[PDB]
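The chains are labelled alphabetically, A first, in the order the sequence lines are listed. We're sticking with the PDB entry numbering for chain A, so the shown stretch reads 1-111, 115-162, in order. For chain B, we keep the numbers from the PDB entry: what you see runs 1-111, 115-162, in order. As the structure lists them, so they are numbered: ligands from 1, and atoms in each ligand from 1. We use all heavy atoms of the structure for the numbers below, so side chains are in, but hydrogens, waters and symmetry mates are not.
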Number of protein chains: 2
Amino acid sequence: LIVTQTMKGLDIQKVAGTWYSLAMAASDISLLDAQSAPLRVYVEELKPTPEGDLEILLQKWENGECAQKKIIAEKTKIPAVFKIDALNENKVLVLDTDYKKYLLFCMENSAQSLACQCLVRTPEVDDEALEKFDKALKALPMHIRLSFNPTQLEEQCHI
Amino acid sequence: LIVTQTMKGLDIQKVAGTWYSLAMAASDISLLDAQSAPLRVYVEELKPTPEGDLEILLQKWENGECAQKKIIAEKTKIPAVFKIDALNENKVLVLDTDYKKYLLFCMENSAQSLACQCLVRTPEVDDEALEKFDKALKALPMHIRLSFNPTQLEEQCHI
Ligand SMILES: CCCCNc1ccc(C(=O)OCCN(C)C)cc1
Ligand SMILES: CCCCNc1ccc(C(=O)OCCN(C)C)cc1
């Protein structure tokens, strides 16, 4: 209920597969500043379950190393909106996707912390996907933005 | 010779005084990511010498603490262009300023490392100064952008 762009007509099954975290942004610098910042997460693959939950594979820098992680985001009554079981509840929103090239999502908590990423299908700089991302962000109050080049995208934890 | 926007008609004497580093961007993430990143520098005051050199007072996080620093940027034959005596030579460029509200500058080295800041006169979020900054940046290949809120701007090293 900060983010108010969601994608109409979302077919979750078609976001399945390989993704690249091409750009990220967050509402506070410390959500992304360091390599082990809480929301510095690199997406690897999306696996929707037949029941419509979303399994997420990614990487994080945690213990001085690049570690694998698996998250499950459970479906809500809103197709573009999912829920992650954390200590405090955390909504995931799909803002926009064309399935075959890019996907924009944000994660936020119910009571002013927010992070969004531009996911792309391949290790290339997609200018217009980043345009769509920047348009979606201009509303939101972001204070850090990160972008990765094709070299880093082919590296674990984008080193 | 990456940055090709400079300000025509620059009167260096009139940038004198109090500035706030409202936003920064850099060509590589590690130039700004951590609190002690090499180019995470917060500008405090500009002091042009009568001879047209530029003294710069600022703060940096260095030794686990917010430390004062003084730099002098020496004039060149180009009024919007200055030079800092480092190990390797480092050009400072004034892209644009209206003297009384904002100033945009970049620093770069002669052989693909680059950082730019939006300096403002007061601890307020100046939307159009940030617009001008974002327009100036769209050309350049930046990969990290940081923005500070009025609270942090009134704090040493923007904590
Ligand atoms: C279309 C859905 C893409 C969403 N991908 C996501 C990626 C990461 C997260 C997420 O919550 O990661 C941060 C928590 N880590 C540190 C345990 C949540 C969703
Ligand atoms: C209009 C001129 C404003 C320029 N202000 C500047 C601020 C900082 C620097 C600069 O070089 O700072 C980084 C080097 N530190 C870590 C020793 C260079 C110029």
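- Among the options tetracaine, bromfenac, cycloguanil, metoprine, radafaxine, the match for ligand 1 is tetracaine.
- In this entry, more contacts with tetracaine (ligand 1) come from one chain than from any other, and UniProt calls that chain Beta-lactoglobulin.
- With heavy atoms closer than 4.0 Å, the chains neighbouring tetracaine (ligand 1) read A.
- Contacts between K60(A) and tetracaine (ligand 1) below 4.0 angstrom, taking non-hydrogen atoms only, involve the side chain exclusively.
- Using a 4.0 Å cut-off between heavy atoms, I71(A) contacts tetracaine (ligand 1) through its side chain alone, with no backbone atom that close.
- In this structure, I56(A) counts as a contact residue of tetracaine (ligand 1), since one of its heavy atoms falls inside 4.0 Å of the ligand.
- The nearest protein heavy atom to atom 6 (C) of tetracaine (ligand 1) is closer than 4.0 Å.
- Between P38(A) and tetracaine (ligand 1) there is a heavy-atom distance shorter than 4.0 Å.
- Binding site of tetracaine (ligand 1), heavy atoms within 4.0 Å: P38(A), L39(A), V41(A), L54(A), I56(A), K60(A), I71(A), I84(A), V92(A), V94(A), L103(A), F105(A), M107(A).
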